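I-BET762 complexed to Bromodomain-containing protein 2, as determined in this entry.
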Amino acid sequence: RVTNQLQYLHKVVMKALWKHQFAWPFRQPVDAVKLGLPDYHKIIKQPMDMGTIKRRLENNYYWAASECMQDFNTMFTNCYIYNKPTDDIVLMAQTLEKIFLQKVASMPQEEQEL
Amino acid sequence: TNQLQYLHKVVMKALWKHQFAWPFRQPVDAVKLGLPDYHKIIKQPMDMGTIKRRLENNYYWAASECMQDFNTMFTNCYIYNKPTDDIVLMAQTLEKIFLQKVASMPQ
Ligand SMILES: CCNC(=O)C[C@@H]1N=C(c2ccc(Cl)cc2)c2cc(OC)ccc2-n2c(C)nnc21
Ligand SMILES: CCNC(=O)C[C@@H]1N=C(c2ccc(Cl)cc2)c2cc(OC)ccc2-n2c(C)nnc21
């Protein structure tokens with residue numbers, strides 16, 4: 001489905017996060033081979049990334065904005081769970097997630113199909 | 001604002017009474033829990049009691065600020081705890097409700 005909220009998530013939230021200077025670790029799935037992380041998929045059971053979310057938004061995969069919001073959350077949470085407290089990527093996720101929250105606070109209030 | 005009233009009366013109320021909410025209703029007490037490293041690792045402690053008090057005292061200027069506090073609370077939990085800890089699942093569950101409810105926040 002296309003809805004007002006999903007349109008906003010795509011054209012405002014994803015637009016802003018994708019081009020952010022801290023977006024680059026999150027633009028594609030975590031590549032455990034490239035990164036040398038033999039435990040990544042043992043710890044993180046539902047990988048998510050902004051490449052997947054953006055493709056889902058482009059292909060009308062979502063029925064409601066809440067589903068898309070959960071994917072963003074999962075991506076950020078995975079990052080916090082997997083990494084150490086002092087890792088830079090935590091600070092990068094935090095910066096992106098605050099923008100995510102700021103924009104979500106101003107999303108159209110009642111979901112309706114376009 | 002109307003949004004803050006919603007975060008207080010709808011969002012917070014739904015989260016607060018949840019069966020997984022008990023760890024999050026008051027600040028982490030690092031002495032009582034025996035966590036001498038808690039405040040070394042977590043630089044901005046946050047909890048729903050603090051947020052609730054802030055909502056009740058007109059501390060917030062925008063809904064977004066309140067939402068950031070909720071996020072800080074959840075994030076602190078994921079950062080401090082082990083991936084396999086039950087509290088991580090509890091936080092994840094509450095965080096999903098938060099986002100679900102926030103999605104219907106009035107404009
Ligand atoms: C022990 C080393 N740890 C890692 O590599 C974890 C990895 N850590 C990073 C990462 C990101 C930034 C820095 Cl400065 C260092 C590491 C990472 C880098 C990527 O490059 C394209 C993609 C996903 C990543 N990511 C995400 C997202 N979640 N965990 C990680
Ligand atoms: C090694 C022990 N670790 C801890 O005690 C961390 C602590 N862990 C818990 C906790 C919560 C639930 C369970 Cl099942 C086990 C531990 C905790 C329990 C509380 O009881 C009133 C309050 C805050 C908590 N919390 C929050 C919030 N973030 N980290 C923790």
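Each chain gets a letter, A, B and so on, in the order the sequences are listed, and its residues count up from 1. Note: hydrogens, waters and symmetry copies are ignored here, and every other heavy atom, side chains too, is used. Every number for a ligand or one of its atoms is a count from 1 in the order of the listing.
- Other chains, heavy atom under 4.0 Å from I-BET762 (ligand 2): B.
- Within 4.0 Å of I-BET762 (ligand 2), judged by non-hydrogen atoms, the site holds B/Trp22, B/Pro23, B/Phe24, B/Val28, B/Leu33, B/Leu35, B/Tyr80, B/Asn81, B/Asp86, B/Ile87.
- Residues of chain B near I-BET762 (ligand 2) cluster mainly in the UniProt domain Bromo 1.
- Of the protein's non-hydrogen atoms, B/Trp22 CH2, 3.6 Å is the one closest to atom 12 (C) of I-BET762 (ligand 2).
- Per UniProt, the protein-binding residues of chain B include some within 4.0 Å of I-BET762 (ligand 2) by heavy atom, namely B/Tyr80, B/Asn81, B/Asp86.
- Of all protein heavy atoms, the one lying nearest to atom 10 (C) of I-BET762 (ligand 2) is B/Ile87 CD1, 3.9 Å.
- Which parts of I-BET762 (ligand 2) touch B/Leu35 is read off a 4.0 Å heavy-atom cut-off, strictly below it: atoms 2 (C), 3 (N), 4 (C), 5 (O), 6 (C).
- There is no protein heavy atom less than 4.0 angstrom from atom 15 (C) of I-BET762 (ligand 2).
- Listed by number with element, the atoms of I-BET762 (ligand 2) under 4.0 Å from a non-hydrogen atom of B/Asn81 are 6 (C), 28 (N), 29 (N).
- Scanning all protein heavy atoms for the shortest distance to atom 22 (C) of I-BET762 (ligand 2) gives B/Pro23 O, 3.2 Å.
- Within the 4.0 angstrom cut-off, atom 24 (C) of I-BET762 (ligand 2) has one or more protein heavy-atom neighbours.
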Show me the short polar-atom pairs for I-BET762 (ligand 2): any N or O of it lying under 3.5 Å from a protein N or O, with distances only.
from, atom 1, to, atom 2, distance (Å)
I-BET762 (ligand 2), 29 (N), B/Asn81, ND2, 3.2

